[PDB]
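Here's the structure we're looking at; comments come further down.
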There are 2 protein chains.
Amino acid sequence: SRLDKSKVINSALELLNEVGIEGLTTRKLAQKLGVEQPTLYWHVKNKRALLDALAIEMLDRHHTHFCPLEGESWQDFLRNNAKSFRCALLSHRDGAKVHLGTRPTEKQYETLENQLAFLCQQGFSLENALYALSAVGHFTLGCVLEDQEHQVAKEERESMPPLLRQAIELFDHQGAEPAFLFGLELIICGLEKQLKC
Amino acid sequence: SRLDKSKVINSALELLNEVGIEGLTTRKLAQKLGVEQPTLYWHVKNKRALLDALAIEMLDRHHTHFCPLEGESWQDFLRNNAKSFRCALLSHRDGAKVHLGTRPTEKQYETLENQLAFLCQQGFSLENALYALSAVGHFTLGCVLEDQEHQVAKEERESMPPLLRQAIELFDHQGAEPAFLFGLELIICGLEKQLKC
Ligand SMILES: CN(C)c1ccc(O)c2c1C[C@H]1C[C@H]3[C@H](N(C)C)C(O)=C(C(N)=O)C(=O)[C@@]3(O)C(O)=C1C2=O
Ligand SMILES: CN(C)c1ccc(O)c2c1C[C@H]1C[C@H]3[C@H](N(C)C)C(O)=C(C(N)=O)C(=O)[C@@]3(O)C(O)=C1C2=O
Ligand SMILES: [Mg+2]
Ligand SMILES: [Mg+2]
């Protein structure tokens, strides 16, 4: 044990994959680290705090499109931002659940301010620009949550009208990705509309 | 004890409110009913099955706009359908989590077939019509999940750029409802677009 925040979060990320969000505990975490449970406090207070750092960490590694490139349309940006957010959530077991209920923190202030200012100078009012953000985040979270639940819920469970069958089979056969890429693009047309004003 | 499925689900709905989704168990349920745990099996196999019935029940009571009224635009219908779905999820503690990962069941076949056929005769292809449905459901679920988590997550936790502050305060001050009504309406403009074809 070199004893590191970075090693704790690494190890916690692994443990999340092993047991998932409900089964994750600080007790189980220290044991995986081969340390006593008081020691691990020097890095995490408790489960919520641990979960906040896991959520933060998943963005650090995977949410790469947190920032607009100039010349890149706001439209492409809401697109690539949602994509990498999605990508962040999917990176681990219960990724979307680990994010749920988190809020902006100090180290995101600059990223997030830039995010609203980028939209604003495109001509969205601050209000619509923050609603453009929540619509995309709510929608993306909704997709990954359903998509992520699908598997554990299919484990624990065991004939119809032909259009419904066709619809389910089309839905089932096409991944989460198209269902995701589709709504994403409906939201972007709503916003292309709104902005025209 | 008259011993009823209807009484079990009533009582389970109550228990969900008391302890929430993770703390709900069949063990805790029978004890609330004043019965032994074998007895309660004659109505529910296990937690997943219980959760499926709770999810079903919340739609029965509250998801009233499951069906289009002719003369009612598809647009008004996707609107009122999302609204009452939302309404279903919010009706109980962890309502949105209880739905997560559920799938269409036999008694929904007629409702749901009608739902895709209604859109189809409006001129959506089956595929887009099922994507119009998932976009709205994913988005609605994403809203209520975040909205529902907000409170428990605020219990268990403890300064910034002024536009971010303004954005948070605007966001915070305006309920979940506007953030919800907004994305909903972006999705509907995307679909008003797509259909034009
Ligand atoms: C293909 N078909 C669209 C599927 C496929 C997988 C699914 O997991 C689901 C659907 C239909 C949708 C219908 C949506 C609908 N609406 C968009 C809210 C809806 O009215 C209902 C309902 N029972 O009225 C659903 O079951 C629903 O909430 C739902 O849970 C679905 C759902 O779980
Ligand atoms: C007002 N502002 C938009 C708020 C308010 C409450 C919130 O709970 C949140 C935001 C910003 C959004 C930004 C979205 C952004 N995007 C739409 C995916 C985003 O890029 C980030 C990010 N850190 O890059 C978020 O924090 C974000 O995922 C997020 O978690 C937010 C979030 O949790
Ligand atoms: Mg967030
Ligand atoms: Mg569903």
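A, B, C, ... go to the sequence lines in the order they are written. Using the PDB entry numbers, chain A covers 2-159, 165-203, in order. Residue numbering for chain B follows the PDB entry, covering 2-159, 165-203 in order. Just so you know, ligand 1 is whichever comes first in the structure, and atom 1 is the first atom listed for that ligand. If you're wondering, the header gives X-ray crystallography, 2.5 Å.
The chain that ligand 1 touches most here appears in UniProt under the name Tetracycline repressor protein class B from transposon Tn10. Among olaparib, minocycline, belumosudil, simvastatin acid, zidesamtinib, the compound found at ligand 1 is minocycline. Other chains having non-hydrogen atoms less than 4.0 Å from minocycline (ligand 1): A, B. Heavy-atom contacts of minocycline (ligand 1) within 4.0 Å involve A:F177, B:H64, B:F67, B:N82, B:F86, B:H100, B:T103, B:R104, B:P105, B:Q109, B:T112, B:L113, B:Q116, B:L131, B:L134.
In terms of N/O distances under 3.5 Å, minocycline (ligand 1) is not approached by A:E147. Of all atoms in minocycline (ligand 1), numbered sequentially from 1 with element shown, those under 4.0 Å from a heavy atom of B:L134 are 17 (C). The contact set between minocycline (ligand 1) and B:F86, taken as ligand atoms under 4.0 Å from a residue heavy atom, comprises 18 (C), 28 (O).
With a cut-off of 4.0 Å on heavy-atom distance, the UniProt-listed Mg(2+)-binding residues of chain B close to minocycline (ligand 1) are: B:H100. In terms of protein heavy-atom proximity, atom 15 (C) of minocycline (ligand 1) is nearest to B:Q116 OE1, 3.5 Å. Closest protein heavy atom to atom 23 (N) of minocycline (ligand 1): B:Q109 NE2, 3.5 Å. The search for other ligands and ions under 4.0 Å from minocycline (ligand 1) returns ligand 4 (magnesium ion). For atom 27 (C) of minocycline (ligand 1), no protein heavy-atom neighbour is present inside the 4.0 Å cut-off. When only non-hydrogen protein atoms are considered, atom 12 (C) of minocycline (ligand 1) lies nearest to B:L113 CD2, 4.5 Å.
Using a 4.0 Å threshold on non-hydrogen atoms, atom 2 (N) of minocycline (ligand 1) does not count as touching the protein.
Looking at atom 24 (O) of minocycline (ligand 1), its nearest protein heavy atom turns out to be B:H64 NE2, 2.8 Å. The protein heavy-atom contact nearest to atom 29 (C) of minocycline (ligand 1) is B:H100 NE2, 4.2 Å. Close contacts of minocycline (ligand 1) with A:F177, meaning ligand atoms under 4.0 Å from a residue heavy atom, involve 5 (C), 6 (C).
Measured by non-hydrogen atoms, the distance from minocycline (ligand 1) falls under 4.0 Å for these UniProt tetracycline-binding residues of chain B: B:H64, B:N82. Ranking the protein heavy atoms by distance from atom 7 (C) of minocycline (ligand 1) puts B:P105 CD, 3.7 Å first.
The presence of a protein heavy atom under 4.0 Å from atom 31 (C) of minocycline (ligand 1) is ruled out. Residue contact check: B:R104 has heavy atoms under 4.0 Å from atoms 6 (C) of minocycline (ligand 1). The nearest heavy-atom contact from the protein to atom 8 (O) of minocycline (ligand 1) is B:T103 O, 3.7 Å.
With ligand atoms numbered from 1 in the order given, minocycline (ligand 1) contributes 24 (O) to contacts under 4.0 Å with heavy atoms of B:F67.
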